[PDB]
Protein chains: 2
Amino acid sequence: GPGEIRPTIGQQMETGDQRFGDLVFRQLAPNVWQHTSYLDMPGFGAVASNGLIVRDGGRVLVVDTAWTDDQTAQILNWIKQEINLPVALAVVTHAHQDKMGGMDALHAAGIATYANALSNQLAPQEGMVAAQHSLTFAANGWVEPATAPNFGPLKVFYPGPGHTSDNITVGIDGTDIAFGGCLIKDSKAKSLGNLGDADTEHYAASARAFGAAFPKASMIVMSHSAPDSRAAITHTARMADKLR
Amino acid sequence: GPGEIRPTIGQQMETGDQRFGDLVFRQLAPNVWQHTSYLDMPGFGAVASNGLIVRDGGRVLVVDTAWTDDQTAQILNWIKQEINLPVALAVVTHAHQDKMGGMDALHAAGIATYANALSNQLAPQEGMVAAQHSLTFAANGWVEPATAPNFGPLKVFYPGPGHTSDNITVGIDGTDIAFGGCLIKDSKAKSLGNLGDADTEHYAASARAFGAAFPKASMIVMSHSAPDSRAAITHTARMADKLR
Ligand SMILES: CC1(C)S[C@H]([C@H](NC(=O)[C@H](N)c2ccccc2)C(=O)O)N[C@H]1C(=O)O
Ligand SMILES: CC1(C)S[C@H]([C@H](NC(=O)[C@H](N)c2ccccc2)C(=O)O)N[C@H]1C(=O)O
Ligand SMILES: [Zn+2]
Ligand SMILES: [Zn+2]
Ligand SMILES: [Zn+2]
């Protein structure tokens, strides 16, 4: 492949990843893949956003869309061509473009979409389309089971306000993988990204709440970095400690 | 007859009020009273915090506690001596001291307490006792009625992040009264108060959502001001418009 996608922020390509259209796919587990799409900024470079694809028996579950509807449609085509299994549902982590930019692609494909109820409420103001179903959460952050039917190994957890007020996280039961979304940055991150809609008071405790909810997860997946160790949880929690 | 209680910030005592210990109670409707507690800090002065007391049939419903357990305990003494009806439940509008400082007094009295699930999640890190039950809200902002058992005329609505990420509002059916809490300031206020836990981006949209959820409320009740007209909603929303 003469000429590969090398973004300015986000992980770089390496053999073991599979370039598919404008996107990059990396297998993290026998049944878990990471999908990476790129937002080409006008004179700034590609901005990578990561999600996850999970095979649960005869169906496939998706975590987070791509930046655009087109890149999200390419994800579904990669699923049909490489896994050849229907997508049962998708769950998006919060109401920003890198997570809900491709809702129209999922809804055109007939896939049931789930999000935090606050995400569906904030999606109008963020220029996003809400998900079809709303997730609600208990007082300790765990999702109400009645609102997440047939989620399989997807264990959804709301850690509290951090990167946004509505950011949620997803642990993959039966694996050692947990997804932190835009709430967690890698262990060598220089900052905590876009603090525009961030909760600077509760960010630190929300990072640890995510780590305490999945204490056995050794691989942590985030939006704009290669999968890291639990030191990613630690680094951003102490980075957010400086926001006092 | 000289000498009353004089808050440093908050409404004065007007004719038609009634002092009862450290509090003052003002009747707003045949079955709706407003309670006001005072937090005095050595060297700064007293700050007033307003809540609501609703008589619905043969029971009393309380909205928000006082600053302290002791002040809250005097609220139920006022209910026992001025109404003498059982206090069915209590709903608190967000996890801050002026609205949740007296949770232990209600729990010791055998009163069922209700709060936004986010308020209960944030309660330990804000120094508050979490409520006994959690309220969840749909994407449109209205409370899921399965978690608000027998609230009577109380119409709970979550307008979105504003003063805090968890502030909720309450309307009283059969009256012209809706409670904005700390989200809405009076029509001649010069600031939005404490913005440390505030969502500067969605404050304006959350204030307007509160006004649209209770379009018949001609009398708006807030935390640190005498009740005002709907002009308080517009003045709060336009003040928050400059925050973006
Ligand atoms: C990639 C970033 C460094 S900025 C970015 C992201 N931004 C977007 O997806 C779009 N800029 C956007 C445009 C309009 C509305 C919402 C998002 C977000 O705020 O999560 N997240 C950052 C992050 O995840 O830390
Ligand atoms: C009048 C207040 C500055 S205090 C009140 C309340 N905030 C508090 O009680 C503070 N969290 C607080 C201040 C000093 C000491 C302890 C707590 C709220 O969030 O509605 N509303 C604020 C406001 O409307 O800006
Ligand atoms: Zn974001
Ligand atoms: Zn992001
Ligand atoms: Zn207040």
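Chains get letters A, B, ... in whatever order the sequence lines come in. Heads up, chain A uses the PDB entry numbers, so what you see runs 1-244. We number chain B the way the PDB entry does; in order, the residues shown are 1-244. Header entry for method reads X-ray crystallography, 2.4 Å. Values below: every heavy atom of this structure, side chains too, minus hydrogens, waters and symmetry copies. Counting starts at 1 for both ligands and their atoms, in listed order.
- Counting heavy-atom pairs under 4.5 Å, the chain with the most contacts to ligand 2 is listed in UniProt as Metallo-beta-lactamase type 2.
- The drug occupying ligand 2 is ampicillin (open form).
- Using a 4.0 Å cut-off on heavy atoms, the other chains next to ampicillin (open form, ligand 2) are B.
- When heavy-atom distances to ampicillin (open form, ligand 2) are checked against a 4.0 Å cut-off, B:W67 comes that close only through its side chain, counted from C-beta outward.
- The overlap between the UniProt Zn(2+)-binding residues of chain B and the residues with a heavy atom under 4.0 Å from ampicillin (open form, ligand 2) is B:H94, B:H96, B:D98, B:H163, B:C182, B:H224.
- Ranking protein heavy atoms by distance to atom 19 (O) of ampicillin (open form, ligand 2), first place goes to B:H163 NE2, 2.0 Å.
- Considering both main-chain and side-chain atoms, B:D98 comes within under 3.5 Å of ampicillin (open form, ligand 2) through a nitrogen or oxygen pair.
- Closest to atom 20 (O) of ampicillin (open form, ligand 2) among all protein heavy atoms lies B:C182 SG, 2.2 Å.
- Each of the following atoms of ampicillin (open form, ligand 2) lies closer than 4.0 Å to a heavy atom of B:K185: 23 (C), 24 (O), 25 (O).
- Atoms of ampicillin (open form, ligand 2) lying under 4.0 Å from at least one heavy atom of B:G193, given by number and element, are 23 (C), 24 (O), 25 (O).
- Those atoms of ampicillin (open form, ligand 2) with a heavy atom of B:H94 less than 4.0 angstrom away are 18 (C), 19 (O), 20 (O).
- When hydrogens are left out, the protein atom nearest atom 15 (C) of ampicillin (open form, ligand 2) is B:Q97 OE1, 4.7 Å; that is the closest non-hydrogen contact.
- Taking a cut-off of under 4.0 Å to the non-hydrogen atoms of B:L192, the atoms of ampicillin (open form, ligand 2) that pass are 25 (O).
- Per the entry, the organism of origin for chain B is Klebsiella pneumoniae.
- Counting only heavy atoms, ampicillin (open form, ligand 2) sits under 4.0 Å from the following UniProt substrate-binding residues in chain B: B:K185, B:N194.
- For atom 25 (O) of ampicillin (open form, ligand 2), the nearest protein heavy atom (residue, atom name, distance) is B:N194 N, 2.0 Å.
- Residue nearest to atom 21 (N) of ampicillin (open form, ligand 2), selected from B:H96, B:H224, B:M222: B:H224 (by heavy-atom distance).
- By chain and number, the binding site of ampicillin (open form, ligand 2) (heavy atoms under 4.0 Å) reads B:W67, B:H94, B:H96, B:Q97, B:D98, B:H163, B:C182, B:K185, B:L192, B:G193, B:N194, B:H224.
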